[PDB]
Visitor: 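Pasting a structure below so you can have a look.
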Amino acid sequence: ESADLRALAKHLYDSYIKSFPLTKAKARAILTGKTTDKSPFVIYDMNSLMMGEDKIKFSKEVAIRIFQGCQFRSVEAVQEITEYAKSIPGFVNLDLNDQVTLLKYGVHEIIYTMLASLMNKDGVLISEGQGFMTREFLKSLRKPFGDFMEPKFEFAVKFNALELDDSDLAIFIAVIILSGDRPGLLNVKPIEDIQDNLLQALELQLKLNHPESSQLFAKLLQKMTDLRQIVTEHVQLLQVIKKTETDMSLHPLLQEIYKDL
Ligand SMILES: CC1(COc2ccc(CC3=[SH]C(=O)NC3=O)cc2)CCCCC1
């Protein structure tokens, strides 16, 4: 019955809002500076970056500070995602070692999915939207850290072209966690039973919310290829900073879900 799917769709969107402080709705409202009830401070070089603290709650180089921000932002999102994931029906019932494995492997694909909500083609919101750092300022950093964000902007523009809203994303990111082809899953079939369910919810949720978009379902499922390549590119980048920056700490949670290859 499609009516139970809808009850599932509503439950997830509700836990989504409850787990993530900055929705896509709030982000698009900040970004279209026609809604100027709260406008972002814009960082665009190092001058802007320095004044961004006379204004915003924010000798140790800048590209690394930039990056250990992106680091501890990633910690932030992982804890919001694991909280969101507990709320997915059946997920907390699963073998504990497999809870950990869906999370290990689904979380980064989910940071970059949601990173798109914060993104347009010129930059990305910062500190839960108070600030907005340009895409070029990012591109300009010290020669290694000078391109880590660049494949996110690449995916985000093409992903944001589908124009999903949060009530669509909440079901999509659930599908991502509940994959079943993650490495090392002891019992995968109950995982596939839940995802069959999430897929059905997602399919009819897109069908009802975007009824002029033939096969948005097929086209949204394809973008899962782009997340996998973002994650690999990122882990490769990550290793170069390790060696060419032996003074560069990394958070052990991030360090923990990063078991490479
Ligand atoms: C991480 C962003 C936005 O979110 C940020 C928040 C804060 C800082 C700066 C910080 S956070 C800290 O603990 N110390 C700092 O110097 C940087 C970024 C999203 C991903 C793309 C790059 C930017």
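We number chain A the same way the PDB entry does; the residues here are 207-264, 274-476, in that order. One-based numbering, in listed order, for ligands and for the atoms of each. Side chains are part of it too, since the values below use all heavy atoms of this structure and drop only hydrogens, waters and symmetry mates.
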Visitor: Write down the drug at ligand 1.
Guide: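 You're looking at ciglitazone.
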Visitor: So, counting contacts under 4.5 Å, which chain has the most with ciglitazone? Name it the way UniProt does.
Guide: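 It has the most contacts with Peroxisome proliferator-activated receptor gamma.
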Visitor: Listed by chain and number, which residues of other chains have a heavy atom closer than 4.0 Å to any atom of ciglitazone?
Guide: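 Heavy-atom neighbours of ciglitazone: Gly284, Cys285, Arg288, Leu340, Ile341, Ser342, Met364.
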Visitor: Which UniProt domain of chain A holds most of the residues in contact with ciglitazone?
Guide: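 That would be the UniProt domain NR LBD.
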Visitor: What organism is listed under source for chain A in the PDB header?
Guide: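 The deposit lists Homo sapiens.
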Visitor: Identify which residues UniProt lists as binding rosiglitazone in chain A have a non-hydrogen atom closer than 4.0 Å to ciglitazone.
Guide: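 Those UniProt residues with a heavy atom under the cut-off: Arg288.
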